[PDB]
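A deposited model with ZK200775.
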Amino acid sequence: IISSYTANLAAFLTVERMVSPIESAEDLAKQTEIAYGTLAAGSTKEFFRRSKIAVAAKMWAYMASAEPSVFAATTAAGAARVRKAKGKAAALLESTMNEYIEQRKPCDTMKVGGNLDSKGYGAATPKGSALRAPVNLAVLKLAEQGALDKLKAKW
Amino acid sequence: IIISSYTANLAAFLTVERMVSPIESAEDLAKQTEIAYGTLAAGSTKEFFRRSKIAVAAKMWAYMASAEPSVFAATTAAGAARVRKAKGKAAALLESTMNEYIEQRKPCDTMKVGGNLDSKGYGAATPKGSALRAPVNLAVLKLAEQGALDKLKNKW
Amino acid sequence: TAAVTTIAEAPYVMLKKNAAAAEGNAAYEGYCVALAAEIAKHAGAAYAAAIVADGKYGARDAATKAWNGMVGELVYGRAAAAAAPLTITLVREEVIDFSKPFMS
Amino acid sequence: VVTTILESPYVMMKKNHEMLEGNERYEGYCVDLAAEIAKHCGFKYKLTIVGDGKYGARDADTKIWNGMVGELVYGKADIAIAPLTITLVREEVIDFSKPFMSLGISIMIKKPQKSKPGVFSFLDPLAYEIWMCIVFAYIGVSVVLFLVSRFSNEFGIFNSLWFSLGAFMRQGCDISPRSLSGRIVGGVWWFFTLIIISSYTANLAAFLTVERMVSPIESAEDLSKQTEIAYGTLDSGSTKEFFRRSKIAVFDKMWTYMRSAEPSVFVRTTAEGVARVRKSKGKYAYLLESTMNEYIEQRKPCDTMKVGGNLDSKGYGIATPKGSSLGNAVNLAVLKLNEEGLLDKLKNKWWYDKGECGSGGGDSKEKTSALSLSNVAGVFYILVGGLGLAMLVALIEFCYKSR
Amino acid sequence: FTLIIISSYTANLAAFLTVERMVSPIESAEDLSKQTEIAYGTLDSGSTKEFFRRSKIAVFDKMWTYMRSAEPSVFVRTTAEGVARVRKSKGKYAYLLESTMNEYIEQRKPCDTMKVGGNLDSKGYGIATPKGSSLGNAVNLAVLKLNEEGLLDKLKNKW
Ligand SMILES: O=c1[nH]c2cc(C(F)(F)F)c(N3CCOCC3)cc2n(CP(=O)(O)O)c1=O
Ligand SMILES: O=c1[nH]c2cc(C(F)(F)F)c(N3CCOCC3)cc2n(CP(=O)(O)O)c1=O
Ligand SMILES: O=c1[nH]c2cc(C(F)(F)F)c(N3CCOCC3)cc2n(CP(=O)(O)O)c1=O
């Protein structure tokens, strides 16, 4: 009895120690028992459909067919589904919204792993207008002086 | 402290040795990088990998293209020798039938692991539009049915 | 009669011991000789084994479209049945007509 | 006008077949094959599923072909892009492509899962030979200690067996040897017990930490020798006819077993066969076509698996009637598709990408659980047995001493 | 009590010896400023150097005023010398370079280094074109389409 208590205690400690959380998209691709869902219709689902990547297509093949609907209708619903799933659901949303939710909301969720693709926001102006060059200069000069990094770190 | 340490490290030895997984498929050999694998210099196997359009196959080709030593072997006799001398470092990629001949009718220093990656076959070809073009296709198809094509393989 | 074109050396067809003692096709023995005996009884051909001299399986050279070896020895009418391990490939197929595989 | 067949992984009817019906919208591996064979050889084809619903065969008296052979010999359709086991009879009436897929008679067994821990499992971390050597080493050490203390002193045989047993079970010793030759024995037996107990604890920890499952049977060459596992075919077809017409030693044995064995090992249908394999324990093995087995092991509940190589190889073709001008337009295209790595990609997608389960995700998935009473109860039995025996010998000694 | 404690010690030591976990000493730049036990240096003169001087964020001003006055010279003559110094010193040196160069370096032999933490301030690489060119607007759309098709990412991934 004493020998089999010590051996099993070593089994608990060893197995608990070699546990690895889902850190990147590749790990979530190889792993198959937690479900990940995007918005019903948006720039991210169409991304996956149009994407031709072994990892991405593997995910899209997964999200195409699932006994529950992995897709969520609203991003508010998507946040709730992950919280209630207790680790089962893994939403795929834009990085800025992820960093806003994990920070200015009760910390039940977190963002793990680098973003998969790239995008960008721009203070657009109508085609062929007189506020094109000065606005482009204003944005570039703001970013150089960090007035866009001081603002992001604020809100 | 010394006795507790002895028991703990012995348990570590046994546990680690128990979770040993040999390279069994092509995917496992592709992910793992400790073992170098090399095809023949010029042949249908290398041209397969060059023309291969599969990510796992391309991953091997990207590896096999550049290596500090020449992973490629000039002769299939050389390829067998390189694996034996490398003591697990070299993993030749040859056709299934030759692999099964070498691991069997040669001193068992090597073995074949994992299913074959691609497919092909050996016909008993006849000149185009010849008079005996069919009574050979029929002959092969009957031999394969009665096993005379499988008794012979199990023999040699 | 017909002339068969098998490759020289393999696990398939080999030189038996006392090769000089024996004569004709009987000097040769192997898997693909045992096979090319069975096919005779199903197609009636009375042959005499004749190994390719070059010792290559064959491909059209890039400079000159000249097939070599067994797939060459067949196209040019030198000998008919290629009772030997020719991989069934597209390029050989467009020139020569195979059988269904006897091995995969 | 090309026929087909309804086998699920090859030509399937999608959800809401009423809305999506006909050649315009079908799903299947053979469907993509037909699409690509048309892309390489542009032609007008309409997907006309076989009316009979089965593959070719001829009745001895009727002498007619039915299914995708009758639909081709009698000009009812152009070709047949569907799994046809290339064979002598079919070839004699159709013109077969080069095999676009090769296969064989695989072996299907239930996935090996951890059994209930048996009684007397506590002595698993050490082999049987080690346990027996431990017993006889203890009995040798006690005898030698007795002889040593009785050359040159309460170490009688009874009182020395107790000392050796006390020293092994780590419990403190009542007395200790005083001479030199007794102390040598004491010291070396102490070392021995220390090493053995450390080895037992460590190997048990290894057993509990990483679990390693092994397939009970590897290949039919050993499945014939086992004979404690019942293995069965379909009722009648290529498999049963193959086994009866076989002449190799192993296969002839595997047929002689199944010809005379009760109950009915032969299964009415493949669905019943897989249901029987899944329901029963590892005592049932199923011998089916390699492709069907590979496909089945991927769908839910993923409770089965394929073990061993293919027993006998045969390929699938693309039939075409003898006089067709399309007869040679398919050989070359099939060979090119095979060489381009497109057919393999198609099969890979259709079978693994549309797979209910994945191997890598659950590769480790390791979780450890508390030792239930089932694991240990083999020692509770021994404890109570020893207590009963002790009371028994106490009464025997009492009755003998009273008279 | 003593039985439980000795069993716990032996079991946890076995866990330590069986599977080993390595933790990065430093995670992000804020913790790197807080630690100050590890000396971190930039290149001598350049954007990655001039950024810290013209920076007013709380953490970055600390990370500058540290390396502004510290001996010896943390500032490195060239990136090759910086990576050589990081490889040489076991753990006392951290190098602040462009993200792309770091990601590329950690892939090359001997693969003795790694990149930790997010990007401190974002920049972009473009495709320059002189103002009056008729090719000026023929590249914006091409770049955006290449980015959207998943081709540029495929290129970077492969190479
Ligand atoms: O039709 C062909 N028949 C082949 C037959 C053999 C074998 F029978 F096994 F000898 C081999 N080998 C396997 C690899 O090691 C060397 C020999 C290759 C063949 N190849 C490809 P090649 O390497 O270009 O000759 C063919 O195309
Ligand atoms: O020409 C034939 N082609 C066949 C093709 C298949 C499959 F590939 F699976 F689609 C099958 N199945 C085997 C078990 O899974 C379901 C049906 C049977 C075929 N049969 C009858 P057999 O004689 O029992 O092989 C033929 O005659
Ligand atoms: O336009 C510029 N583009 C630059 C691009 C690179 C890189 F991407 F790495 F190639 C670099 N390097 C940083 C370290 O790795 C080697 C050279 C410097 C650049 N600089 C000089 P900076 O002003 O010091 O950044 C520019 O001016």
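Just so it is clear: chains get the letters A, B, ... in the order the sequence lines come, proteins before strands, and each one is counted from 1. Counting convention: from 1, in listed order, for ligands and their atoms alike. Displayed portion only: the contact tally does not extend beyond what is shown.
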Write down the name, per the PDB entry, of the macromolecule bound to ZK200775 (ligand 2) with the most contacts.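 By the greatest number of contacts, it's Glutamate receptor 2.
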Which chain letters come up when looking for other chains with a heavy atom under 4.0 Å from ZK200775 (ligand 2)? D
Other ligands/ions under 4.0 Å from ZK200775 (ligand 2), by number and name: none
What makes up the binding site of ZK200775 (ligand 2) if contacts are defined by heavy atoms under 4.0 Å? D:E7, D:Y55, D:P83, D:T85, D:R90, D:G237, D:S238, D:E289, D:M292, D:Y316
